[PDB]
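Structure, ampicillin (open form) included.
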Amino acid sequence: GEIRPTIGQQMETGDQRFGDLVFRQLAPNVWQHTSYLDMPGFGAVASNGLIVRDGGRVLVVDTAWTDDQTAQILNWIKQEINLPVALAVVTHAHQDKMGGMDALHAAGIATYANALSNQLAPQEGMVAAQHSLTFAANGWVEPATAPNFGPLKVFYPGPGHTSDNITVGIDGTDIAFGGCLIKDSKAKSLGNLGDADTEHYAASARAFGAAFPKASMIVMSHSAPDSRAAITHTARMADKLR
Ligand SMILES: CC1(C)S[C@H]([C@H](NC(=O)[C@H](N)c2ccccc2)C(=O)O)N[C@H]1C(=O)O
Ligand SMILES: [Zn+2]
Ligand SMILES: [Zn+2]
């Protein structure tokens, strides 16, 4: 019964299986969602996002791979937290991060992505978010484009895994989320570099670290949460691309 991914972390102590998904509490008001894409002849690919309780509402970072899996996330939220889901931020226009947009929209959840992610979305087979985030030259989100974001601190580190990749810190916690930009401290590969900026990747990884200097728990798309060594190692792998 247990899902054993070909890519992505395995289930460990602290993980809750719910439907086709896995959930792990990371802090009093933060959970990691994990969903799995089954590739025939290859196996499962795990992808991770976040769920944040901020006061009386829930904020989501990234969809699951599919609409149905994303609906399962909303069902888990209903059963375990039982608060309205106010908004989602999705971290670039690829299936692991935006495959479930229709499910969010059907539920009345407001969605936000980098303007560039919304521009790329149809070209990448994704439904665009309803609202566009824009960024200063230093990478920080323009505040008026991210209204009522609670503790979420949204940072565009520069082109890396993709040109549109964004990252999210959770103020008042030890957590920062690198999405697919960051790989864990023991990874041997940066994953899919097909859409990547190999010249600028290393600087973008370092910029993420410097934007969230305090965070000790680095959450990412395809590994369990790691130390800041994930940032250092990702940057060192990326140095080799130049
Ligand atoms: C885990 C991945 C190697 S695949 C994923 C993403 N790819 C997709 O979402 C594709 N739709 C896909 C196609 C076939 C099999 C799995 C995923 C990407 O290209 O960044 N993120 C990659 C990554 O984070 O390095
Ligand atoms: Zn991607
Ligand atoms: Zn990915």
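Chain A residue numbers are taken from the PDB entry; in order, the displayed residues are 29-270. The analysis underlying the following values was restricted to heavy atoms, covering all of them including side chains, and did not include hydrogens, waters or symmetry mates. In each ligand, atom 1 is the first atom listed, and ligand 1 is the first ligand listed.
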For this session: Map ampicillin (open form) onto the structure by ligand number or chain letter.
Result: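 It maps to ligand 1.
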Exercise. In this entry, what is the main binding partner of ampicillin (open form), named as in the PDB entry?
Worked result: Metallo-beta-lactamase type 2
Exercise. Quick one: does atom 4 (S) of ampicillin (open form) have a protein heavy atom under 4.0 Å from it?
Worked result: no
Exercise. Which residues of chain A carry a UniProt Zn(2+)-binding annotation and have a heavy atom under 4.0 Å from ampicillin (open form)?
Worked result: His122, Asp124, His189, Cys208, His250
Exercise. In ampicillin (open form), which numbered atoms sit nearer than 4.0 Å to a non-hydrogen atom of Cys208?
Worked result: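 So the atoms of ampicillin (open form) that pass are 24 (O).
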Problem set entry | Per-atom contacts of ampicillin (open form) with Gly219, taking only distances under 4.0 Å to non-hydrogen atoms | 25 (O)
For this session: Report the UniProt substrate binders of chain A that come within 4.0 Å of ampicillin (open form), using heavy atoms.
Result: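 From UniProt's list, the heavy-atom cut-off leaves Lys211, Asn220.
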Exercise. What organism is given for chain A in the entry?
Worked result: Klebsiella pneumoniae
Exercise. Do any nitrogen or oxygen atoms of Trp93 lie less than 3.5 angstrom from nitrogen or oxygen atoms of ampicillin (open form)?
Worked result: no
For this session: For ampicillin (open form), find out whether one of its N or O atoms is nearer than 3.5 Å to an N or O atom of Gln123.
Result: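 Yes; at least one N/O pair falls below 3.5 Å.
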Exercise. At a 4.0 Å heavy-atom threshold, which residues contact ampicillin (open form)?
Worked result: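 By heavy-atom distance, that gives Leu65, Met67, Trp93, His122, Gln123, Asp124, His189, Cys208, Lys211, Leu218, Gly219, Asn220, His250.
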